[PDB]
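In what follows, chains carry the letters A, B, and so on, assigned in the order in which the sequence lines appear, proteins first and then strands, with residues in each chain numbered from 1. Worth knowing before you read on, the calculation uses all heavy atoms, side chains too, and leaves out hydrogens, waters and symmetry mates. Header entry for method reads electron microscopy, 2.6 Å.
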Amino acid sequence: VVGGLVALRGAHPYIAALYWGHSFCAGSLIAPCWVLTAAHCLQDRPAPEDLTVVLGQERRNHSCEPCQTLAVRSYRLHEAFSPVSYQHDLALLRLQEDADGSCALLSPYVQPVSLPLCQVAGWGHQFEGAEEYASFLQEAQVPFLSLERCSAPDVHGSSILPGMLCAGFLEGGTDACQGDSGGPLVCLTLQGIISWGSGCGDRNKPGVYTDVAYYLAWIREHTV
Amino acid sequence: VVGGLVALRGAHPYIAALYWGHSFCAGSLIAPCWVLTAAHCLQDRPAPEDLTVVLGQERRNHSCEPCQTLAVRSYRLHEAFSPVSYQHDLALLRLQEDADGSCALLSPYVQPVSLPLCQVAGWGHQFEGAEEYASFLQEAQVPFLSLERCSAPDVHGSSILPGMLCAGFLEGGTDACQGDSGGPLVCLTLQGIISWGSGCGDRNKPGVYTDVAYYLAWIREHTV
Amino acid sequence: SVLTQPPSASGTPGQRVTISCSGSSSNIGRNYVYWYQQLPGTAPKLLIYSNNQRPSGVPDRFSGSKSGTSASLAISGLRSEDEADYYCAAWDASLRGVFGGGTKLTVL
Amino acid sequence: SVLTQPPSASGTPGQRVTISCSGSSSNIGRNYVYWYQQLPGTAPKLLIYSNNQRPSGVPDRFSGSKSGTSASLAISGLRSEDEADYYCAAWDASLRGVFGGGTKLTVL
Amino acid sequence: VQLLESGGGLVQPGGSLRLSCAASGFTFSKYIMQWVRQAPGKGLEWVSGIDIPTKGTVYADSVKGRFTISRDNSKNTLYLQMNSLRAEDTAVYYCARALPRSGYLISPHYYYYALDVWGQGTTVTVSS
Amino acid sequence: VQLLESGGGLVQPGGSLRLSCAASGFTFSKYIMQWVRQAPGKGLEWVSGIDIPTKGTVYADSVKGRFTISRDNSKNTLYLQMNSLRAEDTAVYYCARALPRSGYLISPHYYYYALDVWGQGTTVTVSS
Ligand SMILES: *[C@@H]1O[C@H](CO[C@@H]2O[C@@H](C)[C@@H](O)[C@@H](O)[C@@H]2O)[C@@H](O[C@@H]2O[C@H](CO)[C@@H](O[C@@H]3O[C@H](CO[C@H]4O[C@H](CO)[C@@H](O)[C@H](O)[C@@H]4O)[C@@H](O)[C@H](O[C@H]4O[C@H](CO)[C@@H](O)[C@H](O)[C@@H]4O)[C@@H]3O)[C@H](O)[C@H]2NC(C)=O)[C@H](O)[C@H]1NC(C)=O
Ligand SMILES: *[C@@H]1O[C@H](CO[C@@H]2O[C@@H](C)[C@@H](O)[C@@H](O)[C@@H]2O)[C@@H](O[C@@H]2O[C@H](CO)[C@@H](O[C@@H]3O[C@H](CO[C@H]4O[C@H](CO)[C@@H](O)[C@H](O)[C@@H]4O)[C@@H](O)[C@H](O[C@H]4O[C@H](CO)[C@@H](O)[C@H](O)[C@@H]4O)[C@@H]3O)[C@H](O)[C@H]2NC(C)=O)[C@H](O)[C@H]1NC(C)=O
């Protein structure tokens, strides 16, 4: 997150960290056993046994007392996800139940976010050509932008497909960046998934998200 | 290294990998107990006891049979190094001797490079906004560029100070990138240290190095 | 999927001609459009990607635009070296790159 | 270190005036040059950094150039809102940011 | 960056043939490799692709079940095993690469899912 | 992004005074914090800096040995302990930030070693 701020310890209890190999991205706890992230995080299709989910975390890949480490039973990419255009860029993670069938233990630092002043958070690059991830979870306030402004020839043109949305400033500055993929956009309810963007904080190039309200039926059907 | 190629296993035995905390950059073995790198790698001045030097390596931060791990006795930034302009951007690492006073064991994969068709190597970003380092050591062929072309108003203007040099293409493409700082430029003799660049592989923006021949007396004086 | 292109087009040097591509909601209206030029006896050459972007080395006089299920390619400042085959391209629902019929551009 | 600037400068609206800064080989000829504008009763405002780069929000009509130990600032399309104090800035050998004397730009 | 095709020739109908595409100057691991065929007097036709994200291997319907595309990343070469070659499989077969999309950022420097580099082409004739 | 100075006032010559600069809207850890003073009717004068790379703390020669600059990163505030305040220390003291240079890349988005954000300024009067 470029142009953002360090979030408080109990500010985003719904954010999730995903690890496999040397790869990382974020997510959103929408239910005790369900994490919603981007489809392009898992488009190389790693094994579910290679995936690690950490809930309750503030520093990236640092152990904490409220941190909760979980395994992934399975994940479901959207059936119509396009790796070329990043349309339908959302996936669902199913967490591994313990002996007594409790996936995530709810706490002041671990809590699911509801489904449908917007705020974006992640551990991505704090500068456009940053060498490392953000150690602390960063947060930023980004306004929702209209679809007519999204599909303007000077902003994004025809790249904006149904299911997408804009958030940020047409003047640049504050935006999402590399490493923030799959992270939440909360306006609290989950209103977006950090999906793609041409640059980090460029003028007339705000970040593009996944419209969570556009896929409410898909999430309800595939989280049962 | 953007636009580069995977180097062979015994192609650059003089390259060194430096680790401290979550920070990394490259270097050049110029002597059995001396590694030459960039001054801006160590401008935050970490302790020498926090520095790890790995010689003989092909995959970044991966153990190998020819790999040699060494401690750093001390390092010497250039006394006139400017963090504002990156002039005199070079530093010298002194390796830790063992019981019998042998710092680095020479092998087919560990060998110092001599001091004064140019080639640049490193584990940096393979794309401009890359999320991770290069796993394999990349190499690239970059031509030496004239100082008049360096100081052209359309290329770099007045940013080119004495002790600097250019290497790469005015058309873009192949160049050094983020994560390659301190790495070698060999034309073999060491002719440059990867120092700074405005973008990765931009048109009329080739990478800037440290002219090793400009600081030969300094290196000879401070490696005795 | 399939993309519909005019069989041929004609122009005078210095003029401006337009090559149009027509598709459906599964290839063009849902994804990017690409343009390739093929001189006789040679491999195709990439002209336009992402519906409006040019690879380095392609003159600014080649312009591409996309509007829904239709895409077009414009060549302004037409020269005699533009006599070639022009193809629109896309990827369908199962990826699986798709090519248009091709247009014979003639420079008269 | 020290940077030498003219005490004042004058101009007519719509004209083009130049503010020059003179330095030595330890501050200007060895490092970047920066420009700041200060209206009366207000804090200084960054105008130029890296000898030619403008922060967003500063009009394109402000131009900066560096040539050896001397630097200059040009204001084209002069307006009545340009009446301010202009300072050149740099860092010396021991970092330690350095400011010029300042120039009184008057819009007559 | 260079692509070289080989293996073309005159084949009887119902026969078999294998094509090869040697790659040089670029990493034969970060790109999607494709076969595109040019029948004489016709247009382009996409045949096969390998290492396409969310897929393993994609085939055109006209060649499905008869053509097999595979890689030898160590040899930096691409294969196309063509079986049951019927009459309208005559074409100039091209080998090309496309860069896949990776993460959040799209850059003007990198040409995603566009066939930027092609090969010279190898001629396959299926006649009796 | 906002900087607020406080602690100015009328001091007898040879006295002591401490200035404070509260920061908001940005991370008070990735920036160099400076004091610049504006004497009445004169130009700008750089006083002190903290967390400057290759240095720890830099002082102007006119204030060396009398002024001490320090941080409270938890409080996101910057201090300036002024001692032995002589007559020509009267000024409007400004608190400003500059972004340090980090690695290989320099970007037009980020304004290195430039004083992009300042404070309102606090007035210090040293008179008898
Ligand atoms: C930080 O990121 C770690 C991954 O990143 C690596 O390490 C960091 C430090 C950097 O260097 C980075 O560059 C590296 O790439 C991440 O590590 C993961 O930690 C979990 C801890 O639970 C590991 O899971 C456990 O794995 C072992 C065995 O793992 C092997 O098999 C898997 C399956 O393919 C492979 O992926 C591994 O590479 C190994 O080959 C299991 O035995 C163990 O099972 C137990 O726990 C499960 C779930 O709780 C139970 O169901 C079982 O019954 C057992 O009780 C775990 O599953 C994971 O392997 C490991 N991955 C890697 C790549 O090391 C670390 O968690 C992150 N930390 C934080 C705080 O975010
Ligand atoms: C890969 O990078 C490692 C550093 O990066 C971290 O780990 C990777 C996997 C990623 O997760 C990355 O994100 C992380 O940030 C690097 O680790 C280094 O390995 C060396 C191995 O020699 C360690 O040195 C040994 O340290 C111990 C104790 O270390 C403590 O003190 C130091 C001093 O301040 C601290 O810096 C540490 O953090 C620890 O608190 C020593 O006891 C030991 O001494 C022995 O060896 C020396 C030198 O050979 C002899 O002189 C002595 O007599 C002893 O025989 C070592 O000095 C180093 O601590 C460790 N750093 C970190 C940050 O973990 C790893 O080497 C890299 N691997 C490759 C293949 O490149």
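- Considering garadacimab, tanezumab, anetumab, the drug or drug candidate at chains C and E is garadacimab.
- Bound to garadacimab (chains C and E) with the largest number of contacts is the chain that the PDB entry calls Coagulation factor XII.
- The letters of other chains with a heavy atom under 4.5 Å from garadacimab (chains C and E) are A, B.
- With heavy atoms closer than 4.5 Å counted as contacts, the residues of chain A facing garadacimab (chains C and E) are A:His40, A:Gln43, A:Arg45, A:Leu77, A:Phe81, A:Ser82, A:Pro83, A:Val84, A:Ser85, A:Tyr86, A:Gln87, A:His88, A:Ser158, A:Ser159, A:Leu161, A:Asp175, A:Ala176, A:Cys177, A:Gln178, A:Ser181, A:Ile194, A:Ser195, A:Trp196, A:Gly197, A:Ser198, A:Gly199, A:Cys200, A:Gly207.
- At a heavy-atom cut-off of 4.5 Å, contacts from garadacimab (chains C and E) to chain A involve C:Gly29, C:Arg30, C:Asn31, C:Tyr32, C:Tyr34, C:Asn51, C:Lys66, C:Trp91, C:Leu95, E:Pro53, E:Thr54, E:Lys55, E:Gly56, E:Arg101, E:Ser102, E:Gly103, E:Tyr104, E:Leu105, E:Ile106, E:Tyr113.
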